[PDB]
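I have placed the structure first, in the form of C-alpha cells, so that the comments after it can refer back to it.
Each chain is given a letter, A onward, matching its sequence line's place in the list. Numbers in chain A come straight from the PDB entry, and the residues shown are 3-180, in order. Residues 3-180, in that order, are what chain B shows, numbered as in the PDB entry. Quick note: numbers on chain C are straight from the PDB entry, i.e. 20-31, in order. By the numbers in the PDB entry, the shown part of chain D spans 20-31. Determination method: X-ray crystallography, 2.4 Å. What you see below is based on every heavy atom in this structure, not just the backbone, and it leaves out hydrogens, waters and symmetry mates. When a ligand or atom number is given, it counts from 1 through the structure's own listing order.
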Amino acid sequence: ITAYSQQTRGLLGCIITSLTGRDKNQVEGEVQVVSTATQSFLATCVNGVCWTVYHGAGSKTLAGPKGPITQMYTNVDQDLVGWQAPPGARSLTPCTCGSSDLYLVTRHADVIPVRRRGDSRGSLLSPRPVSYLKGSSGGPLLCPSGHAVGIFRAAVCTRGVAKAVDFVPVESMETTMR
Amino acid sequence: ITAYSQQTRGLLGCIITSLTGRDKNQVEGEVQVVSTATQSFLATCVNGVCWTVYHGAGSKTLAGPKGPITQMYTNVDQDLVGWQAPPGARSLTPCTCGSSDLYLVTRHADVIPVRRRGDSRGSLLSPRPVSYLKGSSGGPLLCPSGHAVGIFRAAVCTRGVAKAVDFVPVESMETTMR
Amino acid sequence: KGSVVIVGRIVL
Amino acid sequence: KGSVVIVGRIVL
Ligand SMILES: COc1ccc2c(O[C@@H]3C[C@H]4C(=O)N[C@]5(C(=O)NS(=O)(=O)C6CC6)C[C@H]5/C=C\CCCCN(C)C(=O)[C@@H]4C3)cc(-c3nc(C(C)C)cs3)nc2c1C
Ligand SMILES: COc1ccc2c(O[C@@H]3C[C@H]4C(=O)N[C@]5(C(=O)NS(=O)(=O)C6CC6)C[C@H]5/C=C\CCCCN(C)C(=O)[C@@H]4C3)cc(-c3nc(C(C)C)cs3)nc2c1C
Ligand SMILES: [Zn+2]
Ligand SMILES: [Zn+2]
C-alpha cells in the first residue's frame, strides 16, 4: 500500500463551487479530500458510493459534473453519509479476508499501521498527537490486499493522545445500502 | 465469486420504458441486465460509469430516473459505450494484478474460468455452445480478487462452439475516460 | 432513437 | 445549504 495527495482547487475556488454545487473538474483516485466553508475531511469510494462522516458533511450535497448530488444514504446512527460517486472516481472493493493488519490513510497521504482489535476498532502501533489524525475522518482503513475494511470515524485517546481508532466497518456500509 | 440474477421487468414493461426513457426502478449490483426493443445483453459499471457494447446499445440513451441518460462515451472502433451509471449502480474496481485466471460472468450468472492469452483474449477452460454465451456481451471478466479486467465483446468459434473470448480491456475503458 | 432499458441484474 | 466540495485527492 502506497499513497500520494494532489490538491485540485484553492480557497476561492472551493467557496464558489460550494455556492453553485457544480464541479466540472476531473475526478479520480479512491480517496477525495473534501471541504465545506467551515471544515475539511476525507471521503472514500467503495462500490460506486462516495462515503464520508456525517459530522463533516452533515446533510450536504456533493458538487458534481451535472450540479449538486443529493445523498443516497444518510445514517446519523453510524455517523455515515454517501453519494453516488461521480464518473472518474475509482472505487475500492470490500475486504473479505478478515485480516487484522490494517492501514489507515490520512489527508496528508500517510499510511499508518493499526492493529485490528474488534470489528470497528483498531490500535495504532505508536501514539499520535490528535492534530495528526484531525481532518482524516472519512479516510480508508485498508487491508494488505488494499481492500476496504471501513472508514475512519474517531480516535480513542488516553490522556489526550491517540492510541486507537474507531471506524464504520465496510459491513455496516453494505447494510445502509438496502 | 458466487453470482445470482434478479429479473426486474417483463417484456412489456421493457418496451414501454424503452419508449418513455424513464426508469424509476431501484438499481442495485455491479452488473446490469439490459435490453433494447429487439435485443438483450449486459452492462458493467466501473469508475462510476456504466459500460456495454456498441453492437448492442449502438448510440442509444439509457432509460433512467430523470429520463433518458445520454452516453458519456461512444467509441465505435472498440465496440465501447458508457453512460453515467444510474444511482444505486455499484462500481467494480479496475484490476491491477496482471493475473491470468479470469472469470466471465454471463447473463445466467454462471462464472466461468477463462485463461488469459493476451491483453484482450482468453481461452475458455471448457468450450461452450454459442447459444449459451449469446446475450452476455457487456458482462465482466474478473480476476481472482474480483476486480474488473474488461467486458465481454466477442467469442472465437469453431463450428458453433466458442473456444475463446474477446473483451474490452479495462485500461482502454480508463483511456477513453481520458 | 429508443432507449436501452435495465431489465434485471447480476449480483456478485 | 452549501455543498461539500472535492479540493484534492489521494491516489493509491
Ligand atoms: C460509535 O459511533 C460513533 C462514534 C463517534 C461519533 C462521533 O465522533 C466524534 C467526531 C470525532 C472526530 O473528530 N473524528 C475525526 C476527525 O478527524 N474529524 S474531522 O476533523 O475530519 C471533522 C470532520 C471535520 C477522525 C478523528 C480525528 C482526530 C481525533 C480527534 C479527537 C477525539 N475526538 C474528539 C473524536 O475522535 C471525535 C468524536 C461523532 C458523531 C456525530 N457527530 C454529529 C454532528 C451533528 C456533530 C452527528 S453524529 N457520531 C459518532 C458515532 C455515531
Ligand atoms: C477486438 O475488437 C473487436 C472484436 C469484436 C467486435 C465485434 O464482434 C462481433 C459481435 C459479436 C457478438 O455476438 N458478441 C457477443 C454477444 O452476446 N452479443 S449479444 O448477443 O449480446 C448482442 C449485443 C446483443 C458476446 C458474443 C456471444 C456469443 C458469440 C457469438 C458468435 C461469434 N460472433 C459472431 C461474435 O462474437 C460477434 C462478432 C463487433 C464489433 C462491432 N460491431 C459494430 C456494428 C457494425 C454492429 C460496431 S463495432 N466490434 C468488435 C471489435 C472492435
Ligand atoms: Zn482484505
Ligand atoms: Zn486483479
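Selecting from tigecycline, zandelisib, nystatin, simeprevir, the compound at ligand 2 turns out to be simeprevir. In this entry, more contacts with simeprevir (ligand 2) come from one chain than from any other, and the PDB entry calls that chain Genome polyprotein. Other chains making heavy-atom contacts shorter than 4.0 Å with simeprevir (ligand 2): B. For simeprevir (ligand 2), the atoms lying closer than 4.0 Å to a non-hydrogen atom of B:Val78 are 48 (S).
Protein heavy atom in closest approach to atom 29 (C) of simeprevir (ligand 2): B:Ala157 CB, 3.6 Å. Note: other ligands/ions under 4.0 Å from simeprevir (ligand 2) - none seen.
Residue B:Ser138 has at least one heavy-atom neighbour below 4.0 Å for each of these atoms of simeprevir (ligand 2): 17 (O). Considering only non-hydrogen atoms, atom 22 (C) of simeprevir (ligand 2) lies nearest to B:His57 out of B:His57, B:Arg155, B:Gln80.
Looking only at protein heavy atoms, the nearest one to atom 24 (C) of simeprevir (ligand 2) is B:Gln41 CD, 3.7 Å.
Within the structure, the closest approach of B:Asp79 to simeprevir (ligand 2) falls below 4.0 Å when heavy atoms are considered.
Source organism (PDB entry) for chain B: Hepatitis C virus. Shown in contact with B:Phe154 at under 4.0 Å from a heavy atom are these atoms of simeprevir (ligand 2), numbered in order with element: 25 (C), 26 (C). For atom 21 (O) of simeprevir (ligand 2), the closest heavy atom belonging to the protein is B:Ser139 OG, 2.7 Å. With distances taken over non-hydrogen atoms, the option nearest atom 38 (C) of simeprevir (ligand 2) out of B:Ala156, B:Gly162, B:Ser37, B:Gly58 is B:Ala156. In this structure, B:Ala164 has no heavy atom closer than 4.0 Å to simeprevir (ligand 2).
In summary, the atoms of simeprevir (ligand 2) found under 4.0 Å from a heavy atom of B:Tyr56, numbered by their order in the structure, are 47 (C). At least one N or O atom of B:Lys136, backbone or side chain, sits closer than 3.5 Å to an N or O atom of simeprevir (ligand 2). In terms of protein heavy-atom proximity, atom 39 (C) of simeprevir (ligand 2) is closest to B:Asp81 OD2, 3.7 Å. Residue contact check: B:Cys159 has heavy atoms under 4.0 Å from atoms 31 (C), 32 (C) of simeprevir (ligand 2). By heavy-atom distance, the residue among B:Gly137, B:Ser42, B:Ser122 lying nearest atom 20 (O) of simeprevir (ligand 2) is B:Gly137.
Residue B:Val132 has no nitrogen or oxygen atom sitting less than 3.5 Å from a nitrogen or oxygen atom of simeprevir (ligand 2), judged on distance alone.
Residues with a heavy atom within 4.0 Å of simeprevir (ligand 2): B:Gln41, B:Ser42, B:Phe43, B:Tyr56, B:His57, B:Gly58, B:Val78, B:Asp79, B:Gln80, B:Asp81, B:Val132, B:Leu135, B:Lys136, B:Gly137, B:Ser138, B:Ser139, B:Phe154, B:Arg155, B:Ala156, B:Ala157, B:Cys159, B:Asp168.
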